[PDB]
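Following the PDB entry, chain A residues are numbered 26-57, 59-252, 254-291, in order. Atoms within each ligand, like the ligands themselves, are counted from 1 in listed order. Both backbone and side-chain heavy atoms feed into the values below; hydrogens, waters and symmetry mates do not.
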Amino acid sequence: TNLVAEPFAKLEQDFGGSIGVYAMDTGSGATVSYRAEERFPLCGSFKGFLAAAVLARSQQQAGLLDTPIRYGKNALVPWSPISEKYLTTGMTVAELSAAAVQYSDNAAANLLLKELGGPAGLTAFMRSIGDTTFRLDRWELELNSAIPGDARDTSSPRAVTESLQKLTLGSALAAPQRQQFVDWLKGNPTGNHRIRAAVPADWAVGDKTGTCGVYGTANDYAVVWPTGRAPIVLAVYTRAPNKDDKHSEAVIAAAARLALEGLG
Ligand SMILES: C[C@@H](O)[C@@H](C(=O)O)[C@H]1CC(SCCNC=N)=C(C(=O)O)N1
C-alpha cells in the first residue's frame, strides 16, 4: 500500500489539502484506495443520488416521474438556471431530476428533496441500498458549508463508489430507470476537467460533480466504460483547511488518473 499511496500523498501536499479516492474494477474486483473511509462534504454530488432516489420511488409509484410540480418564486435559490425559467409554467419530477443532475440546479434539488420528505428522506433511501455512511442533514444552500470537523452532509469515497455501482450497474434500479440514470450521468457537461479529463476519449463516462465554494472542497464520482471490458466505478473528493483555500479541478483529474492506472 506504500507504493499505491505515495503519489496520492504527494498530490495532496502540493494541493495543500486532503484527497480521498476509491476505485473499483467491477469485473475483477480489484480496487485502489486512499483515505477511502474518511468523510468528505458531498456538496452538489448528492444530486446524482437524489435523482436515483426519485427513479427508485417511481418503481413503487407509477407515474411519479410525470407528476407536475408548480412552484412559486420562494422555491428559487441561488444557482437555479433551469428552474428559474419555468417559474411561469412548472416542471415535472423527471424534468427537475434532469436539471439537478446535469445543471446542478439548486431549486430543483430542494423541490425533489421536499417530495422525498426532506434531507432525511434521501438519507433513508441511501440506507435502503445498504449505504450506512452517507448522510444528508441540510438543504441547499446550507449543506455546502463544508466546515472542518463537521460530519453533516458528508460521505466517504468508498461508500460513494459502492452506492454508485449498485445504482448504475447492480439491481437497485429496474432497466428503464437504470438507463435513464446512466444517460443523465453520461450527458452531464459540468465535469469535463475532472474525472473525464483522465479517461481516453474513446471510453464513455458518466459523472456528477460537486463544488462547495469554500475550504477547497470539491469532488467528482463516475462510471467509466472501457471498450469491451468491465466498467470501472470511482470517486474523488477533496477538502482543505482554510476557508479561502481554492479547489482544483486539475488535482481531481490527476488523482483520478492515478487511481485508474493502478487498477490492473
Ligand atoms: C451550488 C454550488 O455549491 C455547486 C454544488 O452544488 O456543488 C453547484 C455549482 C457548480 S457548477 C459547475 C461549473 N463547472 C466549472 N468547471 C456545481 C458542480 O460542480 O456540479 N454545483
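In this structure, the drug found at ligand 1 is imipenem (hydrolyzed form). Short version: main partner of imipenem (hydrolyzed form, ligand 1), named per UniProt, is Carbapenem-hydrolyzing beta-lactamase KPC-2. The site surrounding imipenem (hydrolyzed form, ligand 1), defined by heavy atoms under 4.0 Å, contains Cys69, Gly70, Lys73, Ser130, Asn132, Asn170, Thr216, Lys234, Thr235, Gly236, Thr237, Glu276. Within a 4.0 Å radius of atom 1 (C) of imipenem (hydrolyzed form, ligand 1), the protein has at least one heavy atom. Taking every non-hydrogen atom of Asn170 and a distance limit under 4.0 Å, the qualifying atoms of imipenem (hydrolyzed form, ligand 1) come out as 3 (O). Imipenem (hydrolyzed form, ligand 1) places these atoms under 4.0 Å from at least one heavy atom of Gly70: 5 (C), 6 (O), 7 (O). For the pair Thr237 and imipenem (hydrolyzed form, ligand 1), the shortest N or O to N or O distance falls below 3.5 Å. At a 3.5 angstrom cut-off on N or O pairs, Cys69 does not count as close to imipenem (hydrolyzed form, ligand 1).
Looking at imipenem (hydrolyzed form, ligand 1), you'll find an N or O of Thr235 within less than 3.5 Å of one of its N or O atoms. Between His219 and imipenem (hydrolyzed form, ligand 1), not a single N/O pair is under 3.5 Å apart. Counting atoms of imipenem (hydrolyzed form, ligand 1) from 1 in the listed order, those under 4.0 Å from a heavy atom of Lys234 are 20 (O).
Protein heavy atom at the shortest distance from atom 21 (N) of imipenem (hydrolyzed form, ligand 1) is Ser130 OG, 2.8 Å. Proximity to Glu276 (heavy-atom distance under 4.0 Å) selects the following atoms of imipenem (hydrolyzed form, ligand 1): 16 (N).
Listed by number with element, the atoms of imipenem (hydrolyzed form, ligand 1) under 4.0 Å from a non-hydrogen atom of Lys73 are 5 (C), 6 (O).
The distance from imipenem (hydrolyzed form, ligand 1) to the heavy atoms of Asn132 drops below 4.0 Å at these ligand atoms: 1 (C). In the PDB entry, the organism given for chain A is Klebsiella pneumoniae.
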